[PDB]
Peer 1: 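Encoded as structure tokens, here's the structure I'll be asking about.
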Amino acid sequence: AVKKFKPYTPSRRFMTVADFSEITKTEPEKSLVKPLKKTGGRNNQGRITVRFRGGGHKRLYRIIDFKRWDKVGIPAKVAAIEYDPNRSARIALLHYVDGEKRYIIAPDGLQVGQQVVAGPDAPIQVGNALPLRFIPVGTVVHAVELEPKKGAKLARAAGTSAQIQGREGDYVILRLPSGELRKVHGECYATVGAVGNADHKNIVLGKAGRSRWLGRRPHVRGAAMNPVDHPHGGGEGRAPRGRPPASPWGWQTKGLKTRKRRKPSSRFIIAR
Amino acid sequence: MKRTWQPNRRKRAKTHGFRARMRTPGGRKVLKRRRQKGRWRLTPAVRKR
RNA sequence: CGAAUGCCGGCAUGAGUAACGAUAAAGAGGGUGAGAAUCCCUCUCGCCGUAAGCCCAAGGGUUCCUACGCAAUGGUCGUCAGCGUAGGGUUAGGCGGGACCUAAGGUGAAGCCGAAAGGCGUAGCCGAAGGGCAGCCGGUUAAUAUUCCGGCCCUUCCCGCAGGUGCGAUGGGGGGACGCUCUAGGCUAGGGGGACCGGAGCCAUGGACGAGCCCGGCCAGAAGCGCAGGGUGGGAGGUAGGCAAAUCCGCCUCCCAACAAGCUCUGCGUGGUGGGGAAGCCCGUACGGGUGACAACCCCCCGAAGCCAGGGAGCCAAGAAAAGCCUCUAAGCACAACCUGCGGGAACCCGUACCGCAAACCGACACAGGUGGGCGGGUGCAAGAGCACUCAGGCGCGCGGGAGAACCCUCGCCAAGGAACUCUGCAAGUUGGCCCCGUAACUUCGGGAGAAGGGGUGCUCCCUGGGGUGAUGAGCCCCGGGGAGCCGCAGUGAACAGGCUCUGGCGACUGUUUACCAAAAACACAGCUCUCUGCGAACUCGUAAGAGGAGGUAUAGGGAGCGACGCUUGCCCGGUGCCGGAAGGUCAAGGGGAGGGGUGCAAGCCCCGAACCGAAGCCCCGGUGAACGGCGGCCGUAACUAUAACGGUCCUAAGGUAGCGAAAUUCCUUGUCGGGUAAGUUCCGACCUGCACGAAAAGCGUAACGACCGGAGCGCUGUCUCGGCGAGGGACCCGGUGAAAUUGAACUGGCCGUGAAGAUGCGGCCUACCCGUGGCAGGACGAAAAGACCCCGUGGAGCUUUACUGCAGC
RNA sequence: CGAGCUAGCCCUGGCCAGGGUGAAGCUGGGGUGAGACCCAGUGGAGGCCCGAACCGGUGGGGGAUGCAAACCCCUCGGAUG
RNA sequence: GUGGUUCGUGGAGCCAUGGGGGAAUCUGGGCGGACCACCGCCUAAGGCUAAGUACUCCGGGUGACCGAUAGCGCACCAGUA
RNA sequence: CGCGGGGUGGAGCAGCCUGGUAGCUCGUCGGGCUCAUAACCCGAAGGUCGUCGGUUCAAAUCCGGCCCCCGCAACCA
RNA sequence: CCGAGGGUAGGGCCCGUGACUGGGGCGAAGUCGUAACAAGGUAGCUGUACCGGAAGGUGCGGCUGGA
RNA sequence: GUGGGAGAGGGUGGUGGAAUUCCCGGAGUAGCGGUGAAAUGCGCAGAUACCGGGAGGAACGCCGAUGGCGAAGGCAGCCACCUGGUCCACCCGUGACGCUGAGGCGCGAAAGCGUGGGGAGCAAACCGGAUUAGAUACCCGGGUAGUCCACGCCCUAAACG
Ligand SMILES: NC[C@@H]1O[C@H](O[C@H]2[C@@H](O)[C@H](O[C@@H]3[C@@H](O)[C@H](N)C[C@H](N)[C@H]3O[C@H]3O[C@H](CO)[C@@H](O)[C@H](O)[C@H]3N)O[C@@H]2CO)[C@H](N)[C@@H](O)[C@@H]1O
Ligand SMILES: [Mg+2]
Ligand SMILES: [Mg+2]
Ligand SMILES: [Mg+2]
Ligand SMILES: [Mg+2]
Ligand SMILES: [Mg+2]
Ligand SMILES: [Mg+2]
Ligand SMILES: [Mg+2]
Ligand SMILES: [Mg+2]
Ligand SMILES: [Mg+2]
Ligand SMILES: [Mg+2]
Ligand SMILES: [Mg+2]
Ligand SMILES: [Mg+2]
Ligand SMILES: [Mg+2]
Ligand SMILES: [Mg+2]
Ligand SMILES: [Mg+2]
Ligand SMILES: [Mg+2]
Ligand SMILES: [Mg+2]
Ligand SMILES: [Mg+2]
Ligand SMILES: [Mg+2]
Ligand SMILES: [Mg+2]
Ligand SMILES: [Mg+2]
Ligand SMILES: [Mg+2]
Ligand SMILES: [Mg+2]
Ligand SMILES: [Mg+2]
Ligand SMILES: [Mg+2]
Ligand SMILES: [Mg+2]
Ligand SMILES: [Mg+2]
Ligand SMILES: [Mg+2]
Ligand SMILES: [Mg+2]
Ligand SMILES: [Mg+2]
Ligand SMILES: [Mg+2]
Ligand SMILES: [Mg+2]
Ligand SMILES: [Mg+2]
Ligand SMILES: [Mg+2]
Ligand SMILES: [Mg+2]
Ligand SMILES: [Mg+2]
Ligand SMILES: [Mg+2]
Ligand SMILES: [Mg+2]
Ligand SMILES: [Mg+2]
Ligand SMILES: [Mg+2]
Ligand SMILES: [Mg+2]
Ligand SMILES: [Mg+2]
Ligand SMILES: [Mg+2]
Ligand SMILES: [Mg+2]
Ligand SMILES: [Mg+2]
Ligand SMILES: [Mg+2]
Ligand SMILES: [Mg+2]
Ligand SMILES: [Mg+2]
Ligand SMILES: [Mg+2]
Ligand SMILES: [Mg+2]
Ligand SMILES: [Mg+2]
Ligand SMILES: [Mg+2]
Ligand SMILES: [Mg+2]
Ligand SMILES: [Mg+2]
Ligand SMILES: [Mg+2]
Ligand SMILES: [Mg+2]
Ligand SMILES: [Mg+2]
Ligand SMILES: [Mg+2]
Ligand SMILES: [Mg+2]
Ligand SMILES: [Mg+2]
Ligand SMILES: [Mg+2]
Ligand SMILES: [Mg+2]
Ligand SMILES: [Mg+2]
Ligand SMILES: [Mg+2]
Ligand SMILES: [Mg+2]
Ligand SMILES: [Mg+2]
Ligand SMILES: [Mg+2]
Ligand SMILES: [Mg+2]
Ligand SMILES: [Mg+2]
Ligand SMILES: [Mg+2]
Ligand SMILES: [Mg+2]
Ligand SMILES: [Mg+2]
Ligand SMILES: [Mg+2]
Ligand SMILES: [Mg+2]
Ligand SMILES: [Mg+2]
Ligand SMILES: [Mg+2]
Ligand SMILES: [Mg+2]
Ligand SMILES: [Mg+2]
Ligand SMILES: [Mg+2]
Ligand SMILES: [Mg+2]
Ligand SMILES: [Mg+2]
Ligand SMILES: [Mg+2]
Ligand SMILES: [Mg+2]
Ligand SMILES: [Mg+2]
Ligand SMILES: [Mg+2]
Ligand SMILES: [Mg+2]
Ligand SMILES: [Mg+2]
Ligand SMILES: [Mg+2]
Ligand SMILES: [Mg+2]
Ligand SMILES: [Mg+2]
Ligand SMILES: [Mg+2]
Ligand SMILES: [Mg+2]
Ligand SMILES: [Mg+2]
Ligand SMILES: [Mg+2]
Ligand SMILES: [Mg+2]
Ligand SMILES: [Mg+2]
Ligand SMILES: [Mg+2]
Ligand SMILES: [Mg+2]
Ligand SMILES: [Mg+2]
Ligand SMILES: [Mg+2]
Ligand SMILES: [Mg+2]
Ligand SMILES: [Mg+2]
Ligand SMILES: [Mg+2]
Ligand SMILES: [Mg+2]
Ligand SMILES: [Mg+2]
Ligand SMILES: [Mg+2]
Ligand SMILES: [Mg+2]
Ligand SMILES: [Mg+2]
Ligand SMILES: [Mg+2]
Ligand SMILES: [Mg+2]
Ligand SMILES: [Mg+2]
Ligand SMILES: [Mg+2]
Ligand SMILES: [Mg+2]
Ligand SMILES: [Mg+2]
Ligand SMILES: [Mg+2]
Ligand SMILES: [Mg+2]
Ligand SMILES: [Mg+2]
Ligand SMILES: [Mg+2]
């Protein structure tokens, strides 16, 4: 989708909005299973650690279910599909037959009315979740766990997905939304299908405000400020850095790798 | 234009208050000295009810 | 003590000088008094009137109210006071806060961290204009009243009776409970009209005894209705979820409703009743009282931004928590308890005066400055919190009286020309509101557009089309259309209310910034690319613990640069950077010990110490420019000259491409050619010899957008020729109050010399009675600041790197 | 020792008269094989325009021992973000 | 790897100690300035212990100390205005 | 005016700093192949080294004086 | 009332001129090269695309007006 | 109409083997690539050649034709669904309903453009290495758009028989 606009105001011409057709007549969220008071704040205890944040629409947290072995075997019916301000993926709310309700990040396909479930059993269909081993090599899938019982963590962004590649001992090779081939443990669930609402990468914010709404204040270039507060700074009419591009704190930012070398997680990785 | 003193009872006891100064090691010393110097008033005289 | 722009105090000097804090304005009669322009009273005049009038909150803390007073405080006076002396004055179960709740955030047992001090920290506690919660209308006082009193209406506890029901938690659920813009229907506040009701009065000055003028025609008030409107399905089976349990909640499945029908829950009327009650007139106030009065308390229309409220519709940025409240069960208890009526009894603590866009708050002041929320009437102008006049209500801004010079501030007007003024139409004018004509290039189809340019605009009578409230009508209230006519110099007649255009530069645009000399071409900005980051992420703060990141996960997050959009971003990896290279060279501790040394009489003990094995790091080998960067010279050559498509040679890592080019870049330069002009170092278009453009420190453009920056026209004009007149506030004269910087002392003249090189002061001559006042500013190398440019001092800081030397960090 | 000025963020409340302009979506018609789409009517979108409060601080004058240690007058920017 | 000592690595002992190795009970251990021999001194890795010594808020004494711009900031209702 | 770089056969460049020895590419001349010209092949010629001085036995080469040439600086006022 | 025309303002077409500019046509014996016609010595021709003093070259696909 | 027939006609989904390139391991050395000849480059840091294992994309050998289908452009592994055309026979139904087709609408190789994905091989441009008097060419080693997918534009052609 992606709503468009006629130019009746510069900016609201290039501006592009999402299409909330996929939003089952829902909107008002569900008390109980979410929301919780969401403590918004751009800095830690005192100081500001991440810069340029703050401001932007008030938000309510939708406490989603990111570990599904909670209900192994208990099937549930997908009730609605709603908007979640805390993420890029739309989320689906679903009523188990157990009578319990919980939200799930909504996969592309999954339609309201559908029945979905989790566990070793589970049929390989959009929405169902199973330990990685029991999933057919090659099938795509989202909401992966990295270590058994620790909760989902990979491919949860709007319309992202990972594809299974092979098996190898108690591990199974994956291919993350980034292109890295990772070795994940067999016992990590991963609900099948891709995340959906993949038009998300196409929304043209539009104006200055639009960014402000999502809570992101203006970002000033180092080049603008002085030597006192950033490498690229001073002296006359602009300047060409004058040294290898660096961050406010001073480490190179055009090429310098960061992953800490001797990490134990190294051996389970294979790509880029 | 607007100036720098905008009186506020709450802020004043809340900041230069007595329990305020007792709470920290530096403030407790603030008291010591003032006590040791004589000062009729150890801390500002906030008021009302 | 004679000096330190010395320290403290005292007193001069300028000086009776400048000022006396808004240009909203005062004049008079009459009291009080030792003394009145300044106090009290009355009459007259002017200002505010989305306040300069009322009501809260913050702050203030006795300033409120009386009596008695002026020494000082008041920019004069002062009998006055916000002043001095004294006494009086603030009354709450319902207003506000607390014996209720929770948010950020504090604090903080459990724990975790840190040399100590201390740091983090789920529970819990605290935490308030946020949730919850029971009072309205009048009366009185010199000062308080939603507080006292009067009328009417409630809230909890506790104790009784009357009974109902398994009662029952700090625990489970339900609810509480939410965005923004736009709105529906019915109401009330508020307002207008009245031929109707009720009223002291009044016929003036030429007309008027008139449906005449003036004044006023309500307020609150339970149940009960009535009119709006909000909430809500009712059963029964099954039940593995809602961290023990639930009959509740959720989830299925069968019935009945789908309707607000029915319960409730508010608002509004109506309401037993309680109360208020104008003008004018008589009084005595520093003000209030009495009468008016058995006052009337009537009908239409306008109408909410408020109320019904958890109303609806649309949208993307997706919109607190806990408690009260209902419900559900548990340990327990069921002679308890809990629920419903009725009674009696009980109901603490703090705030209440007064100021409050200001003389009582923040500005050293009775300071033209600042200060959150609510009310803010009427007429007219299209509307409006706008504008002008005015209600109510409050002010005449705490020095005055004269005079009518220059000059200053502010303001009005102009002959003829009109930008000739000038850095520049800067300033000043012009235009101006509404309605209807009518609108170009260009364009990103929106725009440009209020383009430009025009006409209409007052009253009178006549005809005629709509609505709205009333019944399909009268009235009252809104929009109209036509047609005759009248008066002015002039009809948004007064106040509020664009000058327009062409063209280029710069930036997309709305936005942001140097509080207090810079609002921009700077910053930000959607968007573009590179790069890091697989999640105990990267990265940042902290010693750590921990936190942000983020309850996020590659369509995600950190950094960097460019800066919408269109067309596009060329060659150099030689150097510096980062990225990749399980080979080599070098490499510290350490491992290894050939070998040598010191002592011992010896075993020993104690030192050195070559091979060799030893990481990252550098060296080495490659990648890489939307990484740091860079992207030539000297000749020769075409059948007129001229020029060079061609060639030659040297050095490069490679030898700037497209596109732009006398530029925001051009030194020589007012380059040269064209346009505008009477004339154009500016402007605009060209040329290319680009001193010294050129591609993400982006290149060339672009509709639109601008308190940006040039150039040009038309319009208008005091900008100017070149001034003149007028107004007011000062200036001046008088009474009152009365400063300041500066000051070696002064009896402080011209030329011409001289002098440390710019003489009132020395020399010579000339001139010149003594002292004031208004004015002008040449001088006293005039005041102001130990010159901010400069140099000096082995003075100080801020900033940079391949300066040195450390440290964090890795 | 200070964030009662000032900068930024957090929680929580409050405020912006009255005019313009007319987006999408609707509804009807036209069109087609069905469409795209074109007209009306409705609708009330916008870092939309005019403009008070309010928030500013453009240009000029005055003020400069001031009313004021940032003032006043005229004028001008924005004003549903 | 550092501190303490006059000791700044110096031939650098001793006294303390974060790091790593890691004993012995008298024929056992440390020291006498690398180390070794000899000759000597001491008996670590647990603790307490008056006295002489420091100081002057308070009381007293005494001044080739001040005498109200001095002497404490304060002779005086001052750590006040 | 000041700083440093440079004048070499016809053209463009080496040659010095460690003095004795002028080298390269092109071009020019003679000869070949071709019908002929170019290409290609075979041979050959050409340099007071900007000039006036001396330094040494000996100067392109070292050192001073001028003649042009090129590039860099001309700041604070 | 209309009304010849006169003044104001904005549009539409055509005509002429303008520094310089863009390609063109034509011009007996100027320069550079050699694209095409013989297998033109890389078969050509083509549409498009990038590039180059010039002819032109190369890519992608097409055609016989070649093998 | 009824009843059949051939076909790379179309769309969408799904899949299969061959070879290349890279990755990892085995084993194995002193050269491999390439040309007219060579040079760049590739390799003792373990190349080339061989074996096993894994990723990824594109194109479908034999059938295959001088063949078929399509209105054209064009369509070629296999399977499935949706889909258009086209011929045959039977001579049953309609009953002149027929042809062309200005404009319009639609399709429309390739390259090219937009946004998003994908990227093995190839390959404009471009860097080198030869060739030449000179080579911005033909030849060789590199190599970016592009080539491929989705959707949207582009409407050209020796679109030819
Ligand atoms: N009409 C000629 C057009 O332009 C070009 O032709 C132009 C040039 O190519 C041509 O130049 C030729 C040249 O080819 C040849 N190699 C050299 C010759 N001297 C030139 O000749 C030209 O110049 C001379 C005088 O100078 C004239 O007299 C002569 O006619 C003229 N053609 O002169 C023409 C214009 O005069 C195209 N080649 C041709 O296809 C086209 O038709
Ligand atoms: Mg909650
Ligand atoms: Mg912190
Ligand atoms: Mg803290
Ligand atoms: Mg995008
Ligand atoms: Mg920025
Ligand atoms: Mg700066
Ligand atoms: Mg800083
Ligand atoms: Mg820096
Ligand atoms: Mg510069
Ligand atoms: Mg810089
Ligand atoms: Mg002296
Ligand atoms: Mg006087
Ligand atoms: Mg004087
Ligand atoms: Mg005077
Ligand atoms: Mg005076
Ligand atoms: Mg006054
Ligand atoms: Mg007092
Ligand atoms: Mg008195
Ligand atoms: Mg006085
Ligand atoms: Mg008196
Ligand atoms: Mg008083
Ligand atoms: Mg008093
Ligand atoms: Mg409390
Ligand atoms: Mg809390
Ligand atoms: Mg704490
Ligand atoms: Mg806590
Ligand atoms: Mg609490
Ligand atoms: Mg409260
Ligand atoms: Mg209350
Ligand atoms: Mg009162
Ligand atoms: Mg409960
Ligand atoms: Mg609850
Ligand atoms: Mg009103
Ligand atoms: Mg009369
Ligand atoms: Mg009532
Ligand atoms: Mg349970
Ligand atoms: Mg009365
Ligand atoms: Mg609602
Ligand atoms: Mg609680
Ligand atoms: Mg019960
Ligand atoms: Mg109590
Ligand atoms: Mg009061
Ligand atoms: Mg107010
Ligand atoms: Mg005063
Ligand atoms: Mg006053
Ligand atoms: Mg004031
Ligand atoms: Mg205000
Ligand atoms: Mg109006
Ligand atoms: Mg007004
Ligand atoms: Mg005149
Ligand atoms: Mg005139
Ligand atoms: Mg002039
Ligand atoms: Mg002049
Ligand atoms: Mg100008
Ligand atoms: Mg002007
Ligand atoms: Mg412009
Ligand atoms: Mg701008
Ligand atoms: Mg400033
Ligand atoms: Mg500001
Ligand atoms: Mg964390
Ligand atoms: Mg978080
Ligand atoms: Mg990013
Ligand atoms: Mg930039
Ligand atoms: Mg920039
Ligand atoms: Mg580039
Ligand atoms: Mg490099
Ligand atoms: Mg490089
Ligand atoms: Mg390299
Ligand atoms: Mg490296
Ligand atoms: Mg190494
Ligand atoms: Mg030029
Ligand atoms: Mg000229
Ligand atoms: Mg001229
Ligand atoms: Mg330049
Ligand atoms: Mg530039
Ligand atoms: Mg650049
Ligand atoms: Mg730019
Ligand atoms: Mg702006
Ligand atoms: Mg501005
Ligand atoms: Mg302009
Ligand atoms: Mg002019
Ligand atoms: Mg004129
Ligand atoms: Mg004048
Ligand atoms: Mg006057
Ligand atoms: Mg003299
Ligand atoms: Mg003299
Ligand atoms: Mg004398
Ligand atoms: Mg003067
Ligand atoms: Mg002076
Ligand atoms: Mg000085
Ligand atoms: Mg020195
Ligand atoms: Mg400092
Ligand atoms: Mg519409
Ligand atoms: Mg609107
Ligand atoms: Mg706006
Ligand atoms: Mg505005
Ligand atoms: Mg030491
Ligand atoms: Mg020892
Ligand atoms: Mg010893
Ligand atoms: Mg010894
Ligand atoms: Mg002791
Ligand atoms: Mg004495
Ligand atoms: Mg004395
Ligand atoms: Mg004293
Ligand atoms: Mg200077
Ligand atoms: Mg021409
Ligand atoms: Mg020729
Ligand atoms: Mg040829
Ligand atoms: Mg050819
Ligand atoms: Mg081609
Ligand atoms: Mg074909
Ligand atoms: Mg038949
Ligand atoms: Mg046809
Ligand atoms: Mg096509
Ligand atoms: Mg294509
Ligand atoms: Mg290749
Ligand atoms: Mg040749
Ligand atoms: Mg090639």
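Throughout, a chain's letter reflects where its sequence line sits, starting with A, and its residues are numbered from 1. We count ligands from 1, going down the list as the structure has it; atoms in each ligand are counted the same way. What you see here is only part of the deposit, and the contact count is restricted to that part.
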Peer 1: What would the PDB call the drug seen at ligand 1?
Peer 2: paromomycin
Peer 1: Find the chain in most contact with paromomycin and give its name from the PDB entry.
Peer 2: 16S rRNA
Peer 1: Write down the other chains that contact paromomycin with heavy atoms under 4.0 Å.
Peer 2: G
